[PDB]
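Structure containing vorinostat.
Throughout, residue positions are numbered sequentially from 1 according to the sequence presented. We use all heavy atoms of the structure for the numbers below, so side chains are in, but hydrogens, waters and symmetry mates are not. Order of listing sets the numbers, starting from 1, for every ligand and every atom in it.
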Amino acid sequence: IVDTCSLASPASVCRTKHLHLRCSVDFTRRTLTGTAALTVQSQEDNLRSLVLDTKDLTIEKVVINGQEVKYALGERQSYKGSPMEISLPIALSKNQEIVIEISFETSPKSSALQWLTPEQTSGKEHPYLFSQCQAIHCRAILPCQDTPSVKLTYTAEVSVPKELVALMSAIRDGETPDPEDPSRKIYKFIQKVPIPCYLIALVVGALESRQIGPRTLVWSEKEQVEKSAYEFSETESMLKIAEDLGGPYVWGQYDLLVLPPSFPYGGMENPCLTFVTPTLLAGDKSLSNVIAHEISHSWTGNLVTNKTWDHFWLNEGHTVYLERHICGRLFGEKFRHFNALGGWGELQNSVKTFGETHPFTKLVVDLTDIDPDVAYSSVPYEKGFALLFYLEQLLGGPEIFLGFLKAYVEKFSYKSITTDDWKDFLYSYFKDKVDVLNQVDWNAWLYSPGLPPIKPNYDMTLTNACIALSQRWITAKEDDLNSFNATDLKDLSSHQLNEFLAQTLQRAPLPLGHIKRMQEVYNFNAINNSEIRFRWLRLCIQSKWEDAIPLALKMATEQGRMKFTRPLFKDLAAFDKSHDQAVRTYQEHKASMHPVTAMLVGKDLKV
Ligand SMILES: O=C(CCCCCCC(=O)Nc1ccccc1)NO
Ligand SMILES: [Yb+3]
Ligand SMILES: [Zn+2]
């Protein structure tokens, strides 16, 4: 097994056991500067050198046993960064540990980091910094074996301007004034559970907290605290359900941090401190499945981890499966099936977008010479989910398959694993149903592009109204438009309204007159729920409604969740009326965008 996204020595040569990070966040220079002390364990006899990943890091020196040592940085390999070879001063025997202290500074263009000016924040007085290391951005913060095949504990001391707060994916372990600079405070952290380095995270800004459960604080700027506390109030109930499904929660606290709007993902499962988009702040808790997802990664991802990124689906697909059980326990089995079926629709979309023979539609993907951020899609989520839901149905239902899931989490806790590890364990657990498992077309599900070979069975109860209303609109002629009215929506939940629009969007464009009628009778322009507004605006732009141009440009730029920003820019570029403005808008905003989002939007727009 080779990690084709990492240039570091593999785990078979040496393993990092601990990181102690001492750093200072310099907002004037947009640099993090300090020392990364790696405790490294040789796995070989006579070990005399090793290699770490880095990306846009300036290295000042490397210290082992109190003396500077030789090191060299290799040529940059695009998104992978530059390998750093370190010459050890004394050859190591197998299992010997040493500490390697590297003094480094980050680049302002670090792909792991977004540096925000005061104007870019809610409070407008103070700047803000946040990280996003998954998949392979930790190397752009500090030198490391930047591979999920290696798990380490960490401690950290972070010096920041004294008016600001630092938080990490770790337990808070104190704060004191910085003795080197009384304008600063050092915040300390400890992560005692071994983690892959993609789970290292840092935020610095003017943060406040509010308790919302026995093991949960919400953190955000002051302006968002009250709304966030309400929106995420189900979090303890979800954690309790998740513990029933997965076993004990091992991480101590489960805090939430609500980022500024350019955070690129819905959420990120950083241990102890899940990061979430403010786009979840719908006002009615309706987008709480994202919280259930991130919670679920406390087991599937954070405890049992993909050994390399080719096996991402292990992390995401199992998380989606647990996510959907939490939501089904809370809101009912009919809702689990509704969400499940919605997920298949998203998979349909992704397969159509890439093409049915595209490599990135395989469940296990080969990332040789592929930047994960470019290949990122709904495929691992939803083809993964569909496999597990198909297995659930084959093997005797949800209670049975949940016994497997708990057993799997137990078996592989604290480890990093491959698809074949998972498959082997599935066969071991279900050894009395091997004949059933042998009906599965493993090669097609795991290794073939396109839609899966079999579609699961779904309860249609909550979906039927959505499909019926979509079909009414699609089949309407001009003389049927008058028949639509606001009462059509009266028995539909926000989730159903979303699914009505996703179903309709799958047949877009519709006639411009239909779309104008839809606004006249349903007033979708008034809905601030981000998922609904996203699909509505896509529907309007694809249907060539010029009045939607400013609305779509506004949503694309006022937040930066890539789920929303990328397809809105792409749709606006594809509409001749908005094309030039879309490209100008991107060009104007690009320097102030998150670095990954900026990259991908530029690729999408061919800029
Ligand atoms: O699932 C999420 C949202 C995505 C968070 C970022 C994932 C980045 C990543 O690991 N990308 C990737 C990995 C493998 C293959 C392709 C992309 N939160 O839990
Ligand atoms: Yb030896
Ligand atoms: Zn996830």
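The location of vorinostat, copies and all, is ligand 1. Tallying contacts with vorinostat (ligand 1), the largest count belongs to the chain named in UniProt as Leukotriene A-4 hydrolase.
Residue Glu316 has at least one heavy-atom neighbour below 4.0 Å for each of these atoms of vorinostat (ligand 1): 1 (O).
The contact set between vorinostat (ligand 1) and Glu294, taken as ligand atoms under 4.0 Å from a residue heavy atom, comprises 18 (N), 19 (O). Under a 4.0 Å criterion applied to the non-hydrogen atoms of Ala135, vorinostat (ligand 1) contributes the atoms 8 (C), 9 (C), 10 (O). No N or O atom of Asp373 sits closer than 3.5 Å to an N or O atom of vorinostat (ligand 1). Of the protein's heavy atoms, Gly267 O, 2.8 Å lies nearest to atom 18 (N) of vorinostat (ligand 1). Measured from vorinostat (ligand 1), other ligands and ions fall under 4.0 Å in these cases: ligand 3 (zinc ion). Proximity to vorinostat (ligand 1) (heavy atom under 4.0 Å) is shown by these UniProt peptide-binding residues of chain A: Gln134, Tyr265, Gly267, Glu269.
Taking a 4.0 Å cut-off on heavy atoms, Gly266 fails to register as neighbouring vorinostat (ligand 1). Polar contact with vorinostat (ligand 1): absent for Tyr265 (N/O pair, distance under 3.5 Å). Vorinostat (ligand 1) lies within reach of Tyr381, whose nearest heavy atom is under 4.0 Å from it. In summary, the atoms of vorinostat (ligand 1) found under 4.0 Å from a heavy atom of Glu269, numbered by their order in the structure, are 18 (N), 19 (O). For chain A, the UniProt Zn(2+)-binding residues having a heavy atom under 4.0 Å from vorinostat (ligand 1) consist of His293, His297, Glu316. Looking from atom 17 (C) of vorinostat (ligand 1) to the surrounding protein, the closest heavy atom is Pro372 O, 3.1 Å. Close approach to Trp309 involves these atoms of vorinostat (ligand 1), each under 4.0 Å from a residue heavy atom: 10 (O), 13 (C), 14 (C). Around vorinostat (ligand 1), within 4.0 Å by heavy-atom distance, are found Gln134, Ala135, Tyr265, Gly267, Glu269, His293, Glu294, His297, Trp309, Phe312, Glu316, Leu367, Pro372, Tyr376, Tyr381.
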